[PDB]
Structure formats: structure tokens, C-alpha cells
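Have a look at the structure below before the remarks.
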Amino acid sequence: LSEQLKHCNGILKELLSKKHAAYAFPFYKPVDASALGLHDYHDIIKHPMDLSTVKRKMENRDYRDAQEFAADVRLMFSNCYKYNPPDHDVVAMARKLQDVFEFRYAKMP
Ligand SMILES: CCNC(=O)C[C@@H]1N=C(c2ccc(Cl)cc2)c2cc(OC)ccc2-n2c(C)nnc21
Ligand code: NI
């Protein structure tokens, strides 16, 4: 269990690393809907999620198991797929980062 959470933390650090920054950056911080002019964001997305929040939860030992961690990372991608039309660049970025996540998550100890 501790082992599985270390795997999860490893994945998190990878998603935040420079290697993936070209497509990970939209997911680093909470969506600032006002700043981006997205005045419908919080009406469509009722459970915002982002990598800084996942990191805080990991650092605070909020996550009790790998499934809980994965549900939050996946929620983050789902919010992007819900809000944005599927041909938008940010959706392509989400799909690429989700590929990174899913392939490594699958190597669960
Ligand atoms: C075309 C305008 N679209 C938007 O503003 C939606 C927004 N779109 C982007 C976004 C990201 C990358 C590109 Cl190339 C174009 C738009 C976005 C950019 C951010 O920069 C700090 C943070 C969150 C974002 N994000 C996420 C996450 N989900 N939808 C969006
Ligand atoms: Ni899940």
C-alpha cells in the first residue's frame, strides 16, 4: 500500500517534470476561470482538479490508496474533455498527458 502510493508519487513527479511540460502545463494549477474569460467553467465543472491539488493531497497524506489518487488525476482529464470541444489543442494535450499517466499507472506494484 505504501509501495503503491510511492508509485503514485513517482507518476505525479513525472507529470510535473520538464520532460512533459509542453503538454502538461495547462494542468499545473487550478483553472483560473475569470483570468481566462471562462465564465461558464464552474457551471459545467462542479469538481475542479489539477496537479498542484493532487500534489497537496499527496504531501498531506490525504490519499489512502492508489485508486483514490488515480480517480483525482483522471477527474482532471475528464474536466478538460467535458468543458472543451474535442478538437481543441488543450484536449490534445490532455490526451497526451493521460497516455503518460495510464501507461505508467498500469505498472502498479
Ligand atoms: C481556446 C481557449 N480555451 C480555454 O481557455 C480553455 C482552457 N485552455 C487552456 C489552453 C491550454 C493550451 C492551449 Cl495551446 C490552449 C488553451 C488552458 C490554459 C491554461 O494555461 C495556464 C490553463 C488551463 C487551460 N485549460 C484547461 C486545463 N482546460 N481548459 C483550459
Ligand atoms: Ni478511476
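Numbering starts at 1 and runs along the sequence shown. Values reported hereafter were calculated over all heavy atoms of this structure, with side chains retained and with hydrogens, waters and symmetry mates removed. In listed order, ligands and their atoms are each counted from 1.
The drug or drug candidate found at ligand 1 is I-BET762.
Contact analysis gives the chain with most pairs under 4.5 Å to I-BET762 (ligand 1) as the one UniProt calls Bromodomain-containing protein 2.
Counting heavy atoms within 4.0 Å, the binding site of I-BET762 (ligand 1) comprises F25, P26, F27, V31, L38, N84, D89, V90, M93. Residues of chain A contacting I-BET762 (ligand 1) are concentrated in UniProt domain Bromo 2. Within the structure, no other ligand or ion under 4.0 Å from I-BET762 (ligand 1) is listed. In this structure, atom 1 (C) of I-BET762 (ligand 1) lies nearest to the protein heavy atom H88 ND1, 4.6 Å. Protein heavy atom at the shortest distance from atom 25 (N) of I-BET762 (ligand 1) is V90 CG2, 3.8 Å.
Looking at atom 20 (O) of I-BET762 (ligand 1), its nearest protein heavy atom turns out to be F25 CE1, 4.2 Å. Of the protein's heavy atoms, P26 O, 3.4 Å lies nearest to atom 22 (C) of I-BET762 (ligand 1). Distance screen at 4.0 Å: atom 11 (C) of I-BET762 (ligand 1) has a protein heavy-atom neighbour inside the cut-off.
Given atom 14 (Cl) of I-BET762 (ligand 1), the protein heavy atom at minimum distance is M93 CE, 3.6 Å.
Looking at atom 29 (N) of I-BET762 (ligand 1), its nearest protein heavy atom turns out to be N84 ND2, 3.0 Å.
The deposit lists the origin of chain A as Homo sapiens.
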